[PDB]
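Next structure: contains VT-464.
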Amino acid sequence: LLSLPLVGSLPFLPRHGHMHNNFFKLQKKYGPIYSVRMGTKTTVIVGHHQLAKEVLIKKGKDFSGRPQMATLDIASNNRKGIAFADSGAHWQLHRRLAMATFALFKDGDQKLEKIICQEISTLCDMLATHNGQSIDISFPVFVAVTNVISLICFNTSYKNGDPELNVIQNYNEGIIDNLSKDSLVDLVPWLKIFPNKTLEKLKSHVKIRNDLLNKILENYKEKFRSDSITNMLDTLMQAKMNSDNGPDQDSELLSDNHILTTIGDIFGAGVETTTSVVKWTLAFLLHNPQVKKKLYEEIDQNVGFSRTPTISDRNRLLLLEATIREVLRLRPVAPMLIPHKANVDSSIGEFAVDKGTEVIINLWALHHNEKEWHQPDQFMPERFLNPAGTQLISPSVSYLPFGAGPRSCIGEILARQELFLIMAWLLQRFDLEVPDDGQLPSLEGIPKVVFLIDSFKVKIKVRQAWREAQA
Ligand code: HEM
Ligand SMILES: CC(C)[C@](O)(c1ccc2cc(OC(F)F)c(OC(F)F)cc2c1)c1c[nH]nn1
């Protein structure tokens with residue numbers, strides 16, 4: 001009695017549980033490196049820190065391209081910008097200029113810390129008007145970190161109640177929704193098998209996004225002074241200037257669509273991800289009041305109420321720095337990075353990997369590795385401190401929240417500051433507690449282009465100690 005023909009097989013149900021954890025459950029059967037084939041496209045999944053560091057660092061440039069996706073093609077205006085562009089001059093140029101702009105914000109009145117502490121102060125007043133109420137702090141934080149990103153790109157910020165802030169939130173919410181139904185890792189190309197409006201809806205929100213950035217770029221051309229370089233849009237237009245003296249090879253790379261999409265990748269990435277981490281950290285502090293207490297005690301002991309937090313306070317506020325590290329471990333912004341692609345025939349762990357092969361780092365597996373992490377499913381900021389509690393450690397090498405190699409986060413500095421500063425300023429001012437209905441946020445989360453958390457509310461009272469310190 002024979003056996004049936006078999007035209008296809010998959011090791012686990014599609015659209016059942018989260019992708020990254022399904023790949024990770026799978027290492028028990030098939031190991032830390034294994035592949036899957038859809039027609040002609042082939043995808044490798046890496047889930048051990050050593051092989052991941054080979055893809056990202058040692059052979060970093062070999063695996064530094066990005067794969068063509070129909071949904072990502074739109075959000076990037078056909079693979080322009082940075083995050084979703086293939087390895088090339090465009091990507092190399094724009095990524096370089098983008099980083100050069102962050103250099104401008106080391107010193108002065110445009111000192112990055114000053115810009116942040118500024119928009120954080122407005123945030124804290126805004127939140128104090130809700131003393132005694134339970135609220136969803138998504139939008140107030142969204143506006144804070146939009147203004148920072150907007151000051152670095154434009155030297156502009158949105159005044160309060162501006163209706164554009166609600167427009168931006170809308171198309172951001174729309175891009176996130178149609179860009180993926182899970183992480184950017186669909187085994188099955190569902191949107192080509194069945195008819196659907198997914199791409200049509202996406203174009204709408206990107207169209208709004210693109211038209212809006214376009215207005216801003218036209219208005220700025222009058223205002224541009226070659227002698228005044230203080231934001232990203234300057235760095236980009238200066239580049240276009242120095243190229244067209246006829247034009248250089250760099251000229252075709254700095255058209256207004258290439259400049260537009262670059263800003264849109266800075267904005268799109270920076271804002272929604274920084275906001276998500278803030279929501280994720282409060283989520284964890286509401287589940288772990290014991291950690292919350294030691295964080296209040298630490299910040300009262302080392303900063304007080306005579307002044308506001310400063311980057312300088314990073315050296316004394318250690319448990320806070322560890323808590324941010326432990327949230328980015330348990331809940332990586334990008335539990336599977338962005339897909340890398342093999343630019344050239346190569347090898348991972350001495351296995352052959354053909355040109356054009358989608359390679360995926362399963363960061364979720366690196367951060368939950370039983371052997372590399374003690375009690376990996378637990379929230380223990382202690383694990384990033386010596387047993388004393390007096391300086392920070394790197395307890396494991398299987399920890400790359402911002403990735404590594406040629407394709408790592410370019411806004412790592414900015415995020416590490418914002419996340420520290422925001423969280424300091426709030427813990428100083430505010431008591432943060434479970435609302436009166438008694439509901440706690442769900443830490444399960446929601447994988448999209450960003451690893452998001454279900455919306456949740458928090459009761460917020462100004463702190464006893466902070467009041468009495470005003471006389
Ligand atoms: C806690 C905050 C953040 C985390 C954990 C994070 C993490 C990451 C990761 C894992 C990648 C991809 C790594 C890879 O594909 O190899 C990435 C890419 C990127 N991030 Fe972030 N990121 C954060 C915040 C930001 C911020 C605030 C910005 C603001 C500009 C930003 C801009 C970018 C860009 C432009 C890329 C694409 C780089 C490229 O493809 O060359 N990120 N980030
Ligand atoms: C891990 C990575 C996928 C990402 O989450 C990321 C990167 C670029 C994004 C660009 C967006 O704008 C437009 F191009 F689609 C975007 O749209 C929406 F959020 F508004 C979301 C984006 C998310 C990220 C974030 N930080 N570092 N990497």
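Along the sequence shown, the residues carry numbers beginning at 1. Order of appearance sets the numbers: ligands from 1, and atoms from 1 within every ligand. Note that these values count all heavy atoms, side chains included, but never hydrogens, waters or copies made by symmetry.
In the structure shown, the parts corresponding to VT-464 are ligand 2. Lab note: most contacts to VT-464 come from the chain UniProt lists as Steroid 17-alpha-hydroxylase/17,20 lyase.
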